[PDB]
Amino acid sequence: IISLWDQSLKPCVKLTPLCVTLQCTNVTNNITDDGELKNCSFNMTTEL
Amino acid sequence: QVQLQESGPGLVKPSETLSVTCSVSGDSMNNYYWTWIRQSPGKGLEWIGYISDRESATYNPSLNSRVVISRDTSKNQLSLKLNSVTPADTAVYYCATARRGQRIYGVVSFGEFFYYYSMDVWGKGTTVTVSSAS
Amino acid sequence: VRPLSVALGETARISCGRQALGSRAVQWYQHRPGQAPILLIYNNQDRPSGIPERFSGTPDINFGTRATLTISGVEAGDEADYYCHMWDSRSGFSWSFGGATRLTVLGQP
Ligand SMILES: *[C@@H]1O[C@H](CO)[C@@H](O[C@@H]2O[C@H](CO)[C@@H](O[C@@H]3O[C@H](CO[C@@H]4O[C@H](CO)[C@@H](O)[C@H](O)[C@@H]4O)[C@@H](O)[C@H](O[C@H]4O[C@H](CO)[C@@H](O)[C@H](O)[C@@H]4O[C@@H]4O[C@H](CO)[C@@H](O)[C@H](O)[C@@H]4O)[C@@H]3O)[C@H](O)[C@H]2NC(C)=O)[C@H](O)[C@H]1NC(C)=O
Ligand SMILES: *[C@@H]1O[C@H](CO)[C@@H](O[C@@H]2O[C@H](CO)[C@@H](O)[C@H](O)[C@H]2NC(C)=O)[C@H](O)[C@H]1NC(C)=O
Ligand SMILES: *[C@@H]1O[C@H](CO)[C@@H](O)[C@H](O)[C@H]1NC(C)=O
């Protein structure tokens, strides 16, 4: 199962560019209406 | 007939207190709960806040908490006051009731709801102008 | 205010400005000019007693249709101001009563 998971996970998308400073803010107005939901705005390199 | 009789001075100067009453009659007072409403000509309506059984006063953040809202049982009156009245307050003050409706949309066990404060019975309103005159 | 014009004896649809994000709880009010207002439909479906069937509420399908006030057959007593008061799950405590929606009926006998 370990090897099968690694094999099926190998060809998918690498997420090394997600390591980036996340300007992130709370979403919830009322107290404890839902943390547990973080709206993070960040940078990400496009096609070019 | 809960005729929310409102009676204020009718003529005030800036930076003093306005004393408008709100009578309860034709029905008990402790059974249900009452509140206050206001609106201005040219503008929309502006609730003042709410007084509940615990008598802790919920205030309006957009009015900078410069009012004195309360309630007294002796003469069956709702006691709303405005300290430091600005000249912009030349308008009419209303009365209203408040039924504490419980809006459910999730699970009660996790506090996944909220309370909506619905109002049914209102008053008539008295218009008071505030300026250098009294 | 937004002046609106409609005919007589026609079903009327009244929608307020800001959108209904999240599950919403609409209340309607009858601010007749000069004297005290009164509510039309609260809880999005529950019309209070003393309100004729000409005023109908809008059921919730959890999305789609906005806060609509169904009014079938306006009469000589409906020249007033209609207010959209709504409680959603993103505005938290919906402190504000929102904007003012106006209607001025033409062809009134
Ligand atoms: C797991 O554990 C949970 C613990 O709570 C179990 O319950 C869940 O929470 C509640 C309570 O059981 C239920 O969901 C809510 O139910 C209310 C209606 O409650 C009524 O209660 C009566 C008994 O007191 C009962 O006889 C009735 O039959 C009914 O259950 C419902 O109002 C809630 O939804 C509101 O908000 C939704 C949007 O968020 C709207 O889509 C709903 O329509 C509704 O709003 C109103 O809708 C009216 C029109 O229908 C409209 O007129 C009005 O203005 C409002 O807009 C909510 O559905 C459920 O039972 C359960 N919820 C869930 C998601 O499971 C739970 O059963 C248990 N097991 C499982 C399998 O989850
Ligand atoms: C993406 O990178 C840019 C790089 O400049 C960030 O831009 C700066 O953002 C700060 C606030 O976080 C501003 O005070 C600066 O003035 C911005 N500089 C310029 C030149 O615009 C940007 O903020 C980053 N993305 C996010 C979501 O923070
Ligand atoms: C905002 O985010 C911080 C993150 O630590 C959290 O502690 C806080 O409860 C959130 N909400 C508010 C209202 O500050």
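Each chain gets a letter, A, B and so on, in the order the sequences are listed, and its residues count up from 1. Displayed portion only: the contact tally does not extend beyond what is shown.
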What is the recorded name of the drug molecule at chains B and C?
-> 10-1074
What name does the PDB entry of this structure use for chain B?
-> 10-1074 Fab Heavy Chain
Look up chain C in the PDB entry and give its name.
-> 10-1074 Fab Light Chain
